[PDB]
Novice: 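Please see the structure below; I have some questions.
Note that the numbering runs from 1 along the sequence shown for the chain. Ligands are counted one by one from 1 in listed order, and the atoms in each one are counted from 1 as well. Scope of the values below: all heavy atoms of this structure, side chains included, with no hydrogens, waters or symmetry mates.
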Amino acid sequence: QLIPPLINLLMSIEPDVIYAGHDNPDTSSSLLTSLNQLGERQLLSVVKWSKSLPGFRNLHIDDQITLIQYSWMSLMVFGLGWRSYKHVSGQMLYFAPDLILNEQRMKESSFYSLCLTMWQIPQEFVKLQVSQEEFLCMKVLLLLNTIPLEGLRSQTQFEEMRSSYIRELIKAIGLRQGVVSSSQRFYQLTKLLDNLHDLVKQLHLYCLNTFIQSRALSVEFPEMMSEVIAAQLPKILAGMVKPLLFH
Ligand SMILES: C#C[C@]1(O)CC[C@H]2[C@@H]3CCC4=CC(=O)CC[C@@H]4[C@H]3CC[C@@]21CC
């Protein structure tokens, strides 16, 4: 309608809701395994999605692969925030329609602590009242929010691609926002993205530790998920990548 074309395209390429396949007898092991399964399924959707994402397929194949493997985590927790904020007013973590967790289902300490950290996103969503339009644009920026220390092969086309999406976000902010109020809401939304780097870092550490101890904890990791983890997680944890900040 009165909504910009690219934002409309972004909405059309958003995947259908993904189920985890959970049963429900939730042990910590059966819960983590279900979360890795849902992740495996989300990874597939991310990749298929990036192929319709305007501008993405025009970057080097190496670059497409690097950006995906660098951002899967941030993307999955950011979309967790949306679903949570949208279906249960952000007061419950809506991983999937068959895997929604309240405070009672988070028995183990470390696990409840991880959840409390992810919960910050849907809480900001409820607070700033993030829009469907703003969300879609921000999700794309996250895909383009970290690059190799030495840069990307198609760096120029990447920088041009990222600017279009920053301009697109401003368009979505202009849908509801004034000059100072719009300029202020821009500061707010790009600061939120900035704060995700630090947020995703804790999820990474918890993930790699759970992966490395997958035998003991009896927690299974699928093939595609095991690959991105093994291929990029350690490097990222060691801070051997370049985070793109707005502030
Ligand atoms: C529990 C656990 C973890 O190990 C640490 C952070 C976690 C992820 C955080 C975000 C996420 C949102 C979803 O909607 C699908 C499952 C995924 C998660 C699966 C399990 C992880 C990554 C493998």
Novice: I need the drug at ligand 1; it's one of norgestrel, alosetron, chloroquine, nordihydroguaiaretic acid, ajmaline. Which?
Specialist: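 Of norgestrel, alosetron, chloroquine, nordihydroguaiaretic acid, ajmaline, it's norgestrel.
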Novice: In this deposited structure, which macromolecule lies in greatest contact with norgestrel, as labelled in UniProt?
Specialist: Progesterone receptor
Novice: Quick one: nearest non-hydrogen protein atom to atom 20 (C) of norgestrel, plus distance?
Specialist: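 Here the nearest protein heavy atom works out to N36 OD1, 3.7 Å.
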Novice: May I ask you to identify the nearest protein heavy atom to atom 1 (C) of norgestrel, giving residue, atom name and distance to one decimal place in Å?
Specialist: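 Residue, atom and distance for the closest contact: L32 CD2, 3.0 Å.
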Novice: To which UniProt domain do the majority of residues of chain A contacting norgestrel belong?
Specialist: NR LBD
Novice: Give the residue, atom name and distance (to 0.1 Å) of the protein heavy atom nearest atom 2 (C) of norgestrel.
Specialist: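 Protein heavy atom at minimum distance: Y206 CE2, 3.8 Å.
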Novice: Give me the nearest non-hydrogen protein atom to atom 9 (C) of norgestrel as residue plus atom name, then the distance to 0.1 Å.
Specialist: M118 SD, 3.9 Å
Novice: Any heavy atom of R83 closer to norgestrel than 4.0 angstrom?
Specialist: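 Flag set, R83 near norgestrel.
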Novice: Hey, which atoms in norgestrel end up nearer than 4.0 Å to a heavy atom of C207?
Specialist: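 By the 4.0 Å cutoff, the relevant atoms are 4 (O), 5 (C), 22 (C), 23 (C).
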Novice: For atom 18 (C) of norgestrel, which protein heavy atom lies nearest, and how many Å away is it?
Specialist: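 Answer, as residue, atom name and distance: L35 O, 4.3 Å.
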Novice: Looking only at protein heavy atoms, which one is nearest to atom 5 (C) of norgestrel, and what is the separation?
Specialist: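 Of every protein heavy atom, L203 O, 3.5 Å lies nearest to atom 5 (C) of norgestrel.
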Novice: UniProt progesterone-binding residues in chain A with a heavy atom under 4.0 Å from norgestrel?
Specialist: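 The UniProt-listed residues with a non-hydrogen atom that close: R83.
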Novice: Could you list the atoms of norgestrel found under 4.0 angstrom from a heavy atom of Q42?
Specialist: 13 (C), 14 (O), 15 (C)
Novice: Between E40, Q37, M76, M73, which one has a non-hydrogen atom sitting closest to atom 8 (C) of norgestrel?
Specialist: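 Ranked by closest heavy atom to atom 8 (C) of norgestrel, first place is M73.
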Novice: Any atoms of norgestrel less than 4.0 Å from a non-hydrogen atom of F95? List them with their elements.
Specialist: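 Contacts of norgestrel toward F95, numbered from 1: 12 (C), 13 (C), 14 (O).
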Novice: Can you list, by chain and number, the residues with heavy atoms within 4.0 Å of norgestrel?
Specialist: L32, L35, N36, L38, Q42, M73, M76, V77, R83, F95, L114, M118, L203, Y206, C207
